[PDB]
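The following structure: ivermectin with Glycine receptor subunit alphaZ1.
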Amino acid sequence: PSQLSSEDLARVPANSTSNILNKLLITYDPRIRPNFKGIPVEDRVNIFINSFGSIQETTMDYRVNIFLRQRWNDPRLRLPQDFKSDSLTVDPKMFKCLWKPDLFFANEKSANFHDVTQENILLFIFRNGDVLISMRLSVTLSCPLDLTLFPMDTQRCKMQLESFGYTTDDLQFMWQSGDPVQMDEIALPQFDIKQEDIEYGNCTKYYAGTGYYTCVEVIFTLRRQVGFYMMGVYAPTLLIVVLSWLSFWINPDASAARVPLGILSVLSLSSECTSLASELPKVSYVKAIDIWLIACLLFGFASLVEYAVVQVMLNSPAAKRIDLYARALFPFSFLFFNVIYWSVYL
Amino acid sequence: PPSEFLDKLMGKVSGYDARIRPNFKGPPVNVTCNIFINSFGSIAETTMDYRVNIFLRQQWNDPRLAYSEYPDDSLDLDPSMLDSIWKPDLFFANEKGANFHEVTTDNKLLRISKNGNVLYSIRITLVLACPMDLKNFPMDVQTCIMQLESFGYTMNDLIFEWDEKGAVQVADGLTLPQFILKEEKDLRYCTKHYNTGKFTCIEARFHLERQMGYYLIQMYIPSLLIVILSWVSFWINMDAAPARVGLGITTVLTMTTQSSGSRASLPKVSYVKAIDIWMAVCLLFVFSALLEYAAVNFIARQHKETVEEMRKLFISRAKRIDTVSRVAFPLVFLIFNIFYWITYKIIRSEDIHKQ
Amino acid sequence: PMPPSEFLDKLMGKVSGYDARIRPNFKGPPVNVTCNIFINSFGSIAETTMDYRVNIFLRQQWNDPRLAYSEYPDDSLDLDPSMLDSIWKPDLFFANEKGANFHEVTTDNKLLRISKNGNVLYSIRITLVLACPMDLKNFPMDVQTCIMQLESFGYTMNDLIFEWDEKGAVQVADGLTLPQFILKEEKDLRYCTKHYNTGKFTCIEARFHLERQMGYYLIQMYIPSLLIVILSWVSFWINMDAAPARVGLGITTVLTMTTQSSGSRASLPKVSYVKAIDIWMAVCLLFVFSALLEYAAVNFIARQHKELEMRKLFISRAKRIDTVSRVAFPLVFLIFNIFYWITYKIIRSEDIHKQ
Amino acid sequence: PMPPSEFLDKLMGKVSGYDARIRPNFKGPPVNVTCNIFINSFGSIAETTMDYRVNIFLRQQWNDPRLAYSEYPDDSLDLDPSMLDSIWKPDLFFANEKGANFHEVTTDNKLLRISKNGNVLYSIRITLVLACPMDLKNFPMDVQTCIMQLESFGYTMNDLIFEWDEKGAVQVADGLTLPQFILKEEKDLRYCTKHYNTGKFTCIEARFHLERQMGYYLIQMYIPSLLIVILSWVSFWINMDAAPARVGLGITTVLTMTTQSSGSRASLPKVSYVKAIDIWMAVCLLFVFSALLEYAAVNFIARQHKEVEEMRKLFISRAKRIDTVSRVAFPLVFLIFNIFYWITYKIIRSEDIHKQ
Amino acid sequence: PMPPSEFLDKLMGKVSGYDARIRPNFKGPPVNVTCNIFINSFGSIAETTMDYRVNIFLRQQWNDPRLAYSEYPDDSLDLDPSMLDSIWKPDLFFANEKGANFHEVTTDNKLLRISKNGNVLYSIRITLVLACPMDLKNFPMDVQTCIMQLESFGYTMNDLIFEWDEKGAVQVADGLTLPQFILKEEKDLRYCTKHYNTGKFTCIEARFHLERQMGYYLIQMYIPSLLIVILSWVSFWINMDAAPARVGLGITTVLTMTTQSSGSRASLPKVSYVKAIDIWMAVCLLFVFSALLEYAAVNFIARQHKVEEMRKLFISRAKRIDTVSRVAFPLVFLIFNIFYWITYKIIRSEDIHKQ
Ligand SMILES: CC[C@H](C)[C@H]1O[C@]2(CC[C@@H]1C)C[C@@H]1C[C@@H](C/C=C(\C)[C@@H](O[C@H]3C[C@H](OC)[C@@H](O[C@H]4C[C@H](OC)[C@@H](O)[C@H](C)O4)[C@H](C)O3)[C@@H](C)/C=C/C=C3\CO[C@@H]4[C@H](O)C(C)=C[C@@H](C(=O)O1)[C@]34O)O2
Ligand SMILES: CC[C@H](C)[C@H]1O[C@]2(CC[C@@H]1C)C[C@@H]1C[C@@H](C/C=C(\C)[C@@H](O[C@H]3C[C@H](OC)[C@@H](O[C@H]4C[C@H](OC)[C@@H](O)[C@H](C)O4)[C@H](C)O3)[C@@H](C)/C=C/C=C3\CO[C@@H]4[C@H](O)C(C)=C[C@@H](C(=O)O1)[C@]34O)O2
Ligand SMILES: CC[C@H](C)[C@H]1O[C@]2(CC[C@@H]1C)C[C@@H]1C[C@@H](C/C=C(\C)[C@@H](O[C@H]3C[C@H](OC)[C@@H](O[C@H]4C[C@H](OC)[C@@H](O)[C@H](C)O4)[C@H](C)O3)[C@@H](C)/C=C/C=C3\CO[C@@H]4[C@H](O)C(C)=C[C@@H](C(=O)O1)[C@]34O)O2
Ligand SMILES: CC[C@H](C)[C@H]1O[C@]2(CC[C@@H]1C)C[C@@H]1C[C@@H](C/C=C(\C)[C@@H](O[C@H]3C[C@H](OC)[C@@H](O[C@H]4C[C@H](OC)[C@@H](O)[C@H](C)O4)[C@H](C)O3)[C@@H](C)/C=C/C=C3\CO[C@@H]4[C@H](O)C(C)=C[C@@H](C(=O)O1)[C@]34O)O2
Ligand SMILES: *[C@@H]1O[C@H](CO)[C@@H](O)[C@H](O)[C@H]1NC(C)=O
């Protein structure tokens, strides 16, 4: 519909989009950009965060639902004072017949539009010629993660909006002056999202043999909640260390009792470490949680090595000094480690 | 004739512009909404979502689509004709992935009355987002949310209303496997404001109650068996250090695996849940079982250090601890159990008042 | 001698005046549609999601007076599948359907045949994932009924009525064999007309009776469970004073039995009722727990002589407890095994009578 | 002498009067279509869902008298892939397909070539998720036959007949070494005509024989099972009166075998017949279980004397002779079992190899 | 001066007589297409499925004589992406591809530029899942070669020939860091022409060399394996007459080690050749297994004594074996460790030579 000035246009209604919009788009070519061979277009961009979530660590991505707003002055699309209203709120189906910038998310993994009952798009045309197109999009963006300091880490995730076909001489993207990213009252399960967003901007890309292209970036600061890992990792490992100390009160001559206590404690901690690796990606650097697990394994290992010394001393022909000292120092040394560890990581 | 009429109602001669809303430059059009729930299921805690199959019906009076020449009222039209008429742009704001069916043909209905009322029913499958409060996790009630908003038309053009009679209808013999869907549904008006303007929205809430049968058989009973197994140690010989220590450690380690397994399904939340209290106390009881033999072993060996009369006192002390423990550990567990189950039923009673 | 291309425009053409929008016999008796299905593949039954997937050929026959030809002397004229776009087709859809799709591997998998009287044959290849509610009171050895519901979305009982074919309504592919189920050769064809707010709609239902095969479950859960029970019994022959060996033996069997029960629930839904497998796993756990429970009594009885000829009687009592146990535990298990299988067999017969 | 555009319109154009809706030789002999298969990619054989994936090129040749030309001297013409929408193309669908898609990576992946005599060569890139029934009676040392059925949905054999090309029906790629299977060179080509109430329809079938590679199962299944059986025999050298050690050794070995057997069934479908792997695991489980019974007997016999000195010595001597014979018999009987198990399955496989 | 819209119509239009069905330079020299690739992201390398995913910009350049323009002074006029249908484009496609899709975020992600000489530049945003056969011997320390094949389905080498661009054929985005792999900067551009029964078709190939980071493998498998070997050595300092203690220690280490070996196969595909992680796991099992036989010999030798001189001799031999084992077992492991790494280091060096 409306292509080539809606063919004959024999119909004669009275002062509707049958007349106004068809008269507006009688000589409109969506293939030719506004202000052809002249000033590059300036496209104001806004985002509204419908839902933020699904920060997956295995694939290092997150999925967001947003509304994309754009604004650009179109000289051809000027209301000829026929309507005293500053807006038209035309049918959403009309987006196909008007020029639109070729915005695309450079870091995106998968995108889909949404068709609940109709196309989820809003088109507005002000009197001066400005156009406001809104669109409902669900985008899966890619976020590189630095998992050092893992249980207690902060992560910056970006969103880059750039053009694919028009260079910086024809099309230019900029962020809206006031409130560019209007978030929603949302809550994340495992993360905390601040209201301070770094509107970095620039990001202008240079590709060899094609030229410069415009880009705009919005960086989101996410802080991880440490509550889950307290109950999940730190408390279980701390418990197993306490069981390891129980051997120091069990009889020195109870070889068949203390030895199972030592070995089953060490092997239980090792299995707990393996389970943690399953969710995390196969990174090659050490994480903060690892220094905790190494020390817990070291204390577990040192309990069994302590008994081996006792068994040598008893059979060497006393050994009660070794056990008595172990009862005091082993909790005491663990206390110092905890003080240094938590203080270092605040 | 039938064929000629359809052209007359909306065709090239008619001049019906599908791009102009009814009552243009005038009062907003009134939209009445119906929902019939054909299927409810796929409630996943991990992703905090649920899936529904519904029939969405909309009614709006269109003055242009008024016919007097055919005597019959509410003549049913062909589904394919729906491209020609103006249809409101409904969408589910809290939705995640929607799909039409088209199993053999478009699952759509169209009816036009003499006065101009339109009825437009479509079959939709929806994956909707439901935020969940996983406190009181085994004994909880969850409110699901379904929001119908207009993306393109403001309050001057498009207003939404709920049907007075039978707004939400549930199919007969619909049984959720893990939940009990209550028969009281709350309908409210929640208008949305953005920087573009005001947009109509209507919301329907479903009150769901979690069935307690599965968790009792599969979580509470297995946990209460390990605690009892620990108590067997209080009858094993005091001198049997390999046996009681072996029995002690096995129970504590097994309980640790069960506690981790319980939290495997539901998400990684940063608050304390009801199941966590139960597992923690169970871990405390089994750990205290391991920590009672250690005190008995130590108190006994102290005789070696009136040497015989020193020997008697220590040996008696050890036995007393074991005998007292045999009745003490079940009794304290019993007192905890009655406190645990009474408070949560009280809290559950408060929750249904909120619902 | 009529040209084929020219004839194909005399019907289903602009010159013809055939309107696919208007149903046959407008303002008159309902259209009679006979339907057949061919079961090309059955499988992908999933307990967790309570659905199954089937690939079928759906044939429909209705009499269109307009599509009557006399120039060609052929009894029937197979036509190109592309022509189906220009003919009125009933809006059949499946009410229990979760997902369905068409097949476009090389061409559209459709078949149209038109007879001289005006009959139409319209065969479509479809694959549907159908929802089946399941009753799991007996997790093995049960009979599950899977239904297929074919109804009209937009045409009421005044316009479109669906009927099953008198002969061969459901035909199954030669040599179809489900891996874990047995499909019965008797299929119940009934009527379930639907009433909604928008009117009454035709619906026809075909149900399939599926019987679970016991071969897999016997060698993978029942025999492993039997091994754990018989392993526990050897403790009665282990030395009475060997506390580390017997206590370690008792606890290990009980904990492994617990894991085996946990393995069973992996593929099952979180149902709140009691299943048949739960009875077996509970009784097996009861036997192994009792064997550990027995040793605690023997240990408590045995040590009494030293703490308290009284020596001989206490020792004698402990040995007799072991001696009776060596025959009591096997015999009592045997009585349970006889009772468990025979009671459920008559239950199986009762469920077989109910189909 | 003729512009290419004009030839494209003069033949099969609206002026020409070629209707793709009517098949060639209407009210006449059946159209004969020759078929070819080039296997671009074979893999993703999944036991659990009993399917496999394949990437193929499907070539069909059929003689159309209407599509004949004399204007151009060339024997053949590589026509544009986009203009296929006005060609009459036979309907071909796969009876055992569980899923398929076209490929649109950059353009339409199709080839059309029209010869002077009217022959048409039409090639398509397809990815097929085909379903094959699998025996699994002998999970190791088995040969599986996969099926590809090419049949017509709308045209009966009086109209459309499908045949197999005389030379090079199925053509495998240069490599295409499957990780878990070995694809035999010989491929069976058969006719399996289908009969329905609608009518009789043509169909052609190609069977592929796949032999499972035994290297993975030996390293990761049989050898771990062998280790536990040997580990059990260590109990026949430990002290006779060391009840915690020997009973602890016996239980840990038996329970480990149960978890090893449980691991194997995970990757397999829930079939209701006894597989070859089941017989191995059962016999190995029988051996390790019998070791536990051996300690039970010697423990009972040793203390039987208490329940004068002459009886005590005889019982202890009786107890010790059990240990001596056990440490020799248990390896030897397992050795004898291994010879019977492997030899029978090889002769069974060899006879099946003749069948396959 | 002359209106922009007319140029769109006057060139490559109905008035122009441009035919997109007919390739440039018909009945003449083959069209030569130069290809560029810009790798936006590289990742998702999966050994199990032997594939990897990539996001690229595919640029093609060819010379169409029919598109020369001299009316406008400017060169390299950007066109609109929506009008690419009427442009003739080569039928490039990927031979080893398993799943590919276009990108439609807001508009089509396509760029078209046309120079005055007729040269055309056409870039597309594509996401590729590409099949990559892998040789998984030397699994922890393995360099992997990935290939990308670009060849023509419908045009033979008489019409369409593909060549790699002289400057910057394969370009990698700045700061692209694979998670577990390292991508070498040297890229192999080869010609692998394809021959079929249909004919000969042009093909160009690009090879990528990927080195596997061994940080993860050392921390999660090698270091835990060291613990089990070391923990086994603790038994050599435990008392000789501690059969429950020492055998229990032996069994726990050996059985835990087997589970650790079974952990590795989870991600690996089922292959029938020996890998390098197998040679490590096999030797580690040998060391712990030989420790169990070490105590078994000591236990057997000690009891062999049953005058007084005999028990002196046998008891010394059992003690001597333990002291020798305390140095022999660590020493032999050190010898194996030195030989293992140096052998696998020289092989890795040759792998770099093989690229
Ligand atoms: C302190 C541990 C020592 C070793 C004792 O541990 C044991 C046994 C005896 C040792 C002396 C077992 C231990 C619990 C303690 C007793 C503890 C409680 C009854 C509660 O716990 C504390 C700890 C908790 O944070 C560890 C703490 O902070 C809160 C702050 C915030 O709320 C205000 C909240 O936002 C944040 C998330 O958490 C809070 C004061 O509540 C009770 C809630 C315990 C829950 C812990 C667990 C349940 O499943 C977990 C895991 O799956 C498993 C394998 C082991 C469990 C465990 O290990 O449970 C487990 O980790 O006793
Ligand atoms: C030395 C290990 C013995 C067995 C000790 O293990 C324990 C306790 C006592 C034993 C004596 C426990 C062990 C850690 C160690 C302490 C180790 C470290 C603090 C680090 O390791 C060193 C050693 C490593 O060289 C083996 C060395 O790299 C070489 C080669 C490199 O070339 C590429 C070269 O760049 C470099 C210069 O030098 C490097 C300095 O990193 C630290 C990175 C290790 C963390 C290990 C673990 C955390 O989670 C893992 C796992 O999920 C689990 C189940 C067990 C953990 C564990 O097993 O923890 C675990 O595997 O102590
Ligand atoms: C009673 C627990 C103590 C610790 C005893 O446990 C053991 C051994 C000895 C201890 C003294 C083992 C224990 C079962 C009990 C014996 C119990 C039964 C034989 C049955 O149960 C009764 C009790 C149950 O009430 C919760 C009772 O209510 C019903 C009411 C309703 O119907 C009218 C029903 O809608 C509602 C949901 O439930 C009902 C009469 O069924 C039998 C069904 C037991 C099932 C339990 C289990 C099977 O697999 C589970 C789990 O996967 C596993 C790892 C351990 C099992 C277990 O732990 O089994 C397990 O949890 O003995
Ligand atoms: C010999 C078994 C006894 C039980 C010994 O086992 C142990 C300990 C002591 C016992 C006396 C442990 C055992 C290995 C052996 C020593 C064996 C080796 C060092 C190698 O093996 C040989 C034998 C093998 O022939 C089956 C032989 O054929 C090849 C021929 C072809 O190559 C030319 C090859 O294409 C074809 C596939 O196979 C070949 C020479 O490789 C080494 C490769 C062993 C690997 C085994 C394993 C690694 O992870 C597996 C598993 O995940 C686990 C839980 C246990 C491991 C194990 O159980 O490892 C495991 O199964 O010692
Ligand atoms: C549009 O035109 C009609 C008559 O053609 C007139 O009545 C109406 O007021 C006009 N609308 C305006 C001027 O906004």
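Numbers restart at 1 for each chain; the letters A, B, ... are given by sequence-line order, proteins then strands. If you check the header, you will see the structure was determined by electron microscopy, 3.0 Å. Only this structure's heavy atoms are used, side chains among them; waters, hydrogens and symmetry mates stay out. When a ligand or atom number is given, it counts from 1 through the structure's own listing order.
- In the structure shown, the parts corresponding to ivermectin are ligands 1, 2, 3 and 4.
- By chain letter, those with a heavy atom nearer than 4.0 Å to ivermectin (ligand 3) are B, C.
- Counting UniProt's transmembrane segments of chain B from the N terminus, heavy atoms under 4.0 Å from ivermectin (ligand 3) lie in 1.
- The source organism recorded in the entry for chain B is Danio rerio.
- Taking UniProt's list of strychnine-binding residues in chain B, a heavy atom lies under 4.0 Å from ivermectin (ligand 3) for no entry.
- In this structure, the binding site of ivermectin (ligand 3) at 4.0 Å (heavy atoms) is formed by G213(B), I217(B), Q218(B), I221(B), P222(B), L224(B), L225(B), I228(B), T258(C), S261(C), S262(C), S272(C), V274(C), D278(C), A282(C), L285(C), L286(C), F289(C).
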